[PDB]
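Looking at a structure with LdT today.
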There are 2 protein chains.
Amino acid sequence: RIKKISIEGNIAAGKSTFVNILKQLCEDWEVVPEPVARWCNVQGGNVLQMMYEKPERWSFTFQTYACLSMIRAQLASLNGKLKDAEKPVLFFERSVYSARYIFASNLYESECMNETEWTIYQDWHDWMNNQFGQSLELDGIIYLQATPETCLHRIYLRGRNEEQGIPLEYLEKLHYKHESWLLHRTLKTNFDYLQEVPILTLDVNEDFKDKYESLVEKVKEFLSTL
Amino acid sequence: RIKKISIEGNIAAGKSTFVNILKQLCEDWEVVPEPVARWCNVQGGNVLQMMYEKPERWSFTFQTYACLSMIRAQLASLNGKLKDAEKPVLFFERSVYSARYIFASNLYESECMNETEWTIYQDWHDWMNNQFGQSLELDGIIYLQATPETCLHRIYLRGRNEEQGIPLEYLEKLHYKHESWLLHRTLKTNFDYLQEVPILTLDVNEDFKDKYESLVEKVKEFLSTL
Ligand SMILES: Nc1ncnc2c1ncn2[C@@H]1O[C@H](COP(=O)(O)OP(=O)(O)O)[C@@H](O)[C@H]1O
Ligand SMILES: Nc1ncnc2c1ncn2[C@@H]1O[C@H](COP(=O)(O)OP(=O)(O)O)[C@@H](O)[C@H]1O
Ligand SMILES: Cc1cn([C@@H]2C[C@@H](O)[C@H](CO)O2)c(=O)[nH]c1=O
Ligand SMILES: Cc1cn([C@@H]2C[C@@H](O)[C@H](CO)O2)c(=O)[nH]c1=O
């Protein structure tokens, strides 16, 4: 009965900035943030650092941990007795789909994951999916669209240590896979329904300060149709 | 309503040999073998080989894959509509407990897994446990006890390629952790109930040919008490 909407975008496109705006728009809207802070101290080791420090060594470990910690947080929001409100909406920061079809797929293609790693990752992903898939199905997607170059500047502005080494090239690859999935809708997934799911594309290259009011109307308008 | 019994022992103690004997003893007994054959070809890569080829690189990947593939096979035996028989018994080849408290714990202590790897492994283990723990709870344990030296000879007899490099030292460590857990019952787990679970210890150092008949009576006797 809970509508589930995922917020997709490249690294530093402004997802957390966008997400912090939502609860104040309506009392019925809940948000499940990406556990990024938790990833840099496990329960400790900073596995997010290890990922960027040696992707050939740590991609598989990180990517599978990232996605598991996302599943758990998302499942915990569903059980989390916030079903009782009039018309409840739950925004996911990223989803199991991008975790796999964008982030993990990209590192495999960059040879940061070998065939064995990629095969085990997928096999685990599928299994996670049929156990807790139906409950996590998306009613809609919001794509915060920004150039790789803008993202690169925003990694600098935010100043998250582990991400300061990310090159433009890495962000460019993530960009084209987002565009293939969310704009051209050309990316093949194992999930039929995703190809019909409504998608709102918002251009977030300009300052959040003077686009706020318009972005909000676009979101409110988009939700009505769902 | 299904009694669940796990068969524990060191590498090549004779678990599969013992297990092949059970279905013929009673029509109501089912067996969940360790998916070892599947581990040497993933769905492919031989991740069991990689584990022994470079334990510092592959222990975490293997150990977590080993345990997941064990959970799934075990859950599939429970759902697997073999509840309809008079007094059903399900034998597990090893369990989630040894996977963690013996095999994974040993590699962490040998520095084949770092703190981050060990922490993520445990955290995933716990989470797997509270999701599908209650359904997998053991009513009993059968410890096939053999000297590390006997096991070493049996790794040679069996001739499984990936395991041909295993040194005595590795088997000795596994032996003492089994003895600590199943004989002295001194090993601390996160699972209270395990410390009260009945355990049958069978000495399997002699030839299976002239101990068969006695082992069987011991098993039949043991099951009655449960
Ligand atoms: N539309 C925008 N205009 C100007 N600055 C932005 C905009 N969106 C995000 N920022 C800034 O960029 C940085 C990264 O944004 P953040 O929301 O943390 O990204 P994400 O959550 O997508 O990784 C932060 O410093 C934030 O203040
Ligand atoms: N009690 C026994 N006496 C003689 N040979 C045995 C005995 N148990 C096992 N074997 C032999 O030892 C090898 C390893 O046994 P297996 O059942 O495959 O071990 P596990 O399943 O514990 O890894 C096989 O060659 C098997 O024929
Ligand atoms: C969900 C996800 C995020 N990321 C990165 C990891 C962080 O740098 C950033 C968090 O916004 O996203 C991945 O590399 N893989 C992933 O699966
Ligand atoms: C269940 C399990 C088995 N093993 C090993 C892997 C195989 O060599 C052998 C199968 O009988 O047991 C592990 O190293 N870790 C494990 O968690």
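We name chains A, B, ... by the order of the sequence lines, and we start the count at 1 in each one. FYI, side chains are in, hydrogens and waters are out, and symmetry mates aren't considered; it's all heavy atoms of this structure. All ligand and atom numbering here is 1-based and tracks the order in the structure.
- Counting every copy, the structure places LdT at ligands 3 and 4.
- Most-contacted chain for LdT (ligand 4) in this structure, per UniProt: Deoxycytidine kinase.
- Heavy-atom contacts below 4.0 Å between LdT (ligand 4) and other chains occur for B.
- Binding site of LdT (ligand 4) at 4.0 Å (heavy atoms): B/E34, B/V36, B/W39, B/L48, B/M51, B/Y52, B/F62, B/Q63, B/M70, B/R94, B/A99, B/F103, B/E163.
- Atom numbering of LdT (ligand 4) starts at 1 in the shown order; those under 4.0 Å from a heavy atom of B/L48 are 6 (C), 7 (C), 8 (O).
- In this structure, atom 7 (C) of LdT (ligand 4) lies nearest to the protein heavy atom B/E163 OE2, 3.5 Å.
- When hydrogens are left out, the protein atom nearest atom 12 (O) of LdT (ligand 4) is B/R94 NH1, 3.3 Å; that is the closest non-hydrogen contact.
- Less than 4.0 Å from LdT (ligand 4), one finds no other ligands or ions.
- Given atom 10 (C) of LdT (ligand 4), the protein heavy atom at minimum distance is B/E34 OE1, 2.9 Å.
- With ligand atoms numbered from 1 in the order given, LdT (ligand 4) contributes 1 (C) to contacts under 4.0 Å with heavy atoms of B/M70.
- For atom 17 (O) of LdT (ligand 4), the closest non-hydrogen atom on the protein side is B/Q63 NE2, 2.8 Å.
- Taking only non-hydrogen atoms into account, the UniProt active-site residue of chain B lying closest to LdT (ligand 4), to the nearest 1 Å, is B/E93, 6 Å.
- Remark: LdT (ligand 4) atoms within the under-4.0 Å shell around heavy atoms of B/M51 are 14 (O).
- Looking at LdT (ligand 4), you won't find any N or O of B/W39 less than 3.5 Å from one of its N or O atoms.
- Looking at UniProt's ATP binders in chain B, a heavy atom closer than 4.0 Å to LdT (ligand 4) shows up in none of them.
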Filter the LdT (ligand 4)-protein atom pairs down to N or O on both sides and distance under 3.5 Å, then list them.
unit_1         : atom_1 : unit_2 : atom_2 : d
LdT (ligand 4) : 8 (O)  : B/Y52  : OH     : 2.7
LdT (ligand 4) : 8 (O)  : B/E163 : OE2    : 2.7
LdT (ligand 4) : 11 (O) : B/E34  : OE1    : 2.6
LdT (ligand 4) : 11 (O) : B/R94  : NH1    : 3.0
LdT (ligand 4) : 12 (O) : B/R94  : NH1    : 3.3
LdT (ligand 4) : 14 (O) : B/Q63  : OE1    : 2.9
LdT (ligand 4) : 15 (N) : B/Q63  : OE1    : 3.0
LdT (ligand 4) : 15 (N) : B/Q63  : NE2    : 2.7
LdT (ligand 4) : 17 (O) : B/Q63  : NE2    : 2.8

